[PDB]
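Depicted below, acetazolamide in association with Carbonic anhydrase 2.
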Amino acid sequence: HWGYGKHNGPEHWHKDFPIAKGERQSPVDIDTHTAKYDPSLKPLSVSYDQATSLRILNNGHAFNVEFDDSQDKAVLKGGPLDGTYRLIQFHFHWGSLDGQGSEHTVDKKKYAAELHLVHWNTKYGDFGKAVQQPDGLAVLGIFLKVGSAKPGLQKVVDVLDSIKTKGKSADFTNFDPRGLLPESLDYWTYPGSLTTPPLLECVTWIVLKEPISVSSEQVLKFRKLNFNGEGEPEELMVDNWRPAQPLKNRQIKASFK
Ligand SMILES: CC(=O)Nc1nnc(S(N)(=O)=O)s1
Ligand SMILES: [Zn+2]
């Protein structure tokens with residue numbers, strides 16, 4: 001019964017998922033002055049030309065856009081990664097106000113939302129096996145700030161009305177995720193976890209330095225979604241973000257000076 005409420009929120013998760021108090025939990029605050037520039041880090045290789053989106057679903061916590069990951073169609077390579085990682089889904093995290101919504105923070109600064117592009121290491125055969133490994137997933141995090149509209153995001157925004165409640169899904173084909181990327185691919189990277197239960201510590205996080213801009217109207221439509229299922233009391237899907245966790249024995253590395 002976990003969620004983002006006062007009676008089932010992040011502060012409570014540890015009761016069902018003890019790893020919540022683990023050594024490599026996410027998200028975290030990225031202190032730009034203590035981050036270490038690593039010249040050995042290679043540029044990111046994002047190959048989304050052949051991406052095949054299939055649907056969009058409201059899972060009661062966020063909305064996910066799912067892709068066909070039965071072959072190497074949309075993959076992430078390079079950067080701090082060893083091997084090929086396939087894109088399986090993307091989702092966002094957002095707030096009830098423009099001043100909050102992101103999971104990671106930069107020098108304590110919070111963004112309006114955060115986009116997560118989830119990929120799994122193909123050496124493990126399937127997603128379920130990948131999450132059990134320390135190098136099983138790679139999540140690309142992109143911050144969203146409110147300003148000018150993002151044309152490439154409008155297609156997602158327009159279909160939200162069709163998946164307002166938990167459990168609803170809609171066909172969502174031919175969506176090109178390349179339209180959601182910023183101009184630069186400079187990033188920070190650190191070993192972490194999933195930010196929602198089971199909170200497994202199987203993620204190599206890659207957080208882009210350059211945020212993308214979205215309009216107030218676009219983010220407002222995110223806030224119209226529901227955590228609840230149809231026929232149940234309406235609870236607006238807002239503030240579905242986990243606060244920063246202690247860095248502990250970890251070092252954040254930057255690909256840029
Ligand atoms: C099936 C799946 O993708 N689960 C995830 N759980 N948490 C994720 S996150 N918030 O770290 O990107 S992805
Ligand atoms: Zn996420």
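Count residues from 1 along the sequence. One-based numbering, in listed order, for ligands and for the atoms of each. What you see below is based on every heavy atom in this structure, not just the backbone, and it leaves out hydrogens, waters and symmetry mates.
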query = By ligand number or chain letter, where is each copy of acetazolamide?
reply = ligand 1
task = Provide the binding site of acetazolamide (ligand 1) at 4.0 Å, counting non-hydrogen atoms only.
result = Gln89, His91, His93, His116, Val118, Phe127, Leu194, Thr195, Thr196, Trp205
ask   = Which UniProt domain of chain A is the main contact region for acetazolamide (ligand 1)?
value = Alpha-carbonic anhydrase
task = Check each atom of acetazolamide (ligand 1) against the heavy atoms of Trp205 and keep those under 4.0 Å away; list them by number with element.
result = 11 (O)
inquiry  = What do you see: which UniProt Zn(2+)-binding residues in chain A have a non-hydrogen atom under 4.0 Å from acetazolamide (ligand 1), if any?
reply    = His91, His93, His116
Heavy atom of the protein closest to atom 11 (O) of acetazolamide (ligand 1) (residue, atom name, distance) = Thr195 N, 3.0 Å
message = Students should be able to answer this: which protein heavy-atom is nearest to atom 7 (N) of acetazolamide (ligand 1), and at what distance?
response = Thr196 OG1, 3.2 Å
Atom 3 (O) of acetazolamide (ligand 1): nearest protein contact (heavy atom, Å) = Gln89 NE2, 3.1 Å
task = Around acetazolamide (ligand 1), list the other ligands or ions under 4.0 Å away.
result = ligand 2 (zinc ion)
query = What is the closest protein heavy atom to atom 2 (C) of acetazolamide (ligand 1), and at what distance does it sit?
reply = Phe127 CZ, 3.6 Å
query = What are the identity and the minimum heavy-atom distance (to 1 Å) of the UniProt active-site residue of chain A closest to acetazolamide (ligand 1)?
reply = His61, 9 Å
request  = Give me the UniProt-annotated substrate-binding residues in chain A that sit with a heavy atom under 4.0 Å from acetazolamide (ligand 1).
outcome  = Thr195, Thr196
Atom 5 (C) of acetazolamide (ligand 1) [closest protein heavy-atom partner, distance rounded to 0.1 Å] = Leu194 CD2, 3.8 Å
